Amino acid sequence: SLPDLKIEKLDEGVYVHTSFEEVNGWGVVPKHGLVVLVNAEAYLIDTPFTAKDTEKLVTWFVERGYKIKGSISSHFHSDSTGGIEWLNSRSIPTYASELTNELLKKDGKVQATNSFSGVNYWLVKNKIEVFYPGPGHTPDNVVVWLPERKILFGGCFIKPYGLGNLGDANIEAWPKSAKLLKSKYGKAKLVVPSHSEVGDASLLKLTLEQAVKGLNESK
Ligand SMILES: C[C@H](CS)C(=O)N1CCC[C@H]1C(=O)O
Ligand SMILES: [Zn+2]
Ligand SMILES: [Zn+2]
């Protein structure tokens, strides 16, 4: 029996959702996601692994009087995009980078309805920003920045302890992308990784260090 979906407040207008799956060859993997509230509207940062969890997550917010305005997926893997098919079926707007959509189509998965290309994208002006630091954990990975709180959702890019599965990784690119991310978001109050506990800006440094080590052990 896996743990039930968890929803907890991280900051004003910000909640973290945690979902769990048994992953072949990796054991039980926890996935952190965010829900960001603007007025009476709610935005999903990453979907839980499954439609069932995504439906539960949406319901929890709908019950509390919020309209689900949009969803954004950090990268193509199912821990970020699992709910897209369901969200699309409910006509709830879904967002991903053009690269992520290309990779999804490739993986035989349902694509986000809306896509953006380019480094910066403001899902909500002045409140939610998507940033692409370049290839790392995957070619398409992006981070989400909340300026009003200085909270960065690292997603699966942030890897303090180990890089994890390198199957889709760009090992050569990653240290450079990490350096770029650290320079841009060193100011961050909080960093929320996908697969590990919430932390301060130091997670950016650790990720860069891990990325360099991985490339080296790699040579
Ligand atoms: C469900 C995730 C996809 S990012 C996964 O398989 N793993 C494998 C180990 C932890 C985590 C990771 O690569 O970050
Ligand atoms: Zn991944
Ligand atoms: Zn992941």
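Quick note: numbers on chain A are straight from the PDB entry, i.e. 21-239, in order. Counting convention: from 1, in listed order, for ligands and their atoms alike. Every heavy atom of this structure was used, including side-chain atoms; hydrogens, water molecules and symmetry mates were not.
According to the PDB, the drug at ligand 1 is L-captopril. Measured by close contacts, the chief partner of L-captopril is listed under the PDB entry as beta-lactamase IMP-1. The residues lying within 4.0 Å of L-captopril, counted on heavy atoms, are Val43, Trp46, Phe69, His95, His97, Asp99, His157, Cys176, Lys179, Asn185, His215. Atom 12 (C) of L-captopril has as its closest protein heavy atom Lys179 NZ, 3.4 Å. Listed by atom number, the atoms of L-captopril under 4.0 Å from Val43 heavy atoms are 6 (O).
Taking the UniProt Zn(2+)-binding residues of chain A and keeping those with a non-hydrogen atom under 4.0 Å from L-captopril leaves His95, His97, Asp99, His157, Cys176, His215. The protein heavy atom nearest to atom 9 (C) of L-captopril is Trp46 CE3, 3.4 Å. The contact set between L-captopril and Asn185, taken as ligand atoms under 4.0 Å from a residue heavy atom, comprises 13 (O). Of the protein's non-hydrogen atoms, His157 NE2, 3.3 Å is the one closest to atom 4 (S) of L-captopril.
Not a single protein heavy atom sits closer than 4.0 Å to atom 7 (N) of L-captopril. Per UniProt, the beta-lactam-binding residues of chain A include some within 4.0 Å of L-captopril by heavy atom, namely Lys179, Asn185.
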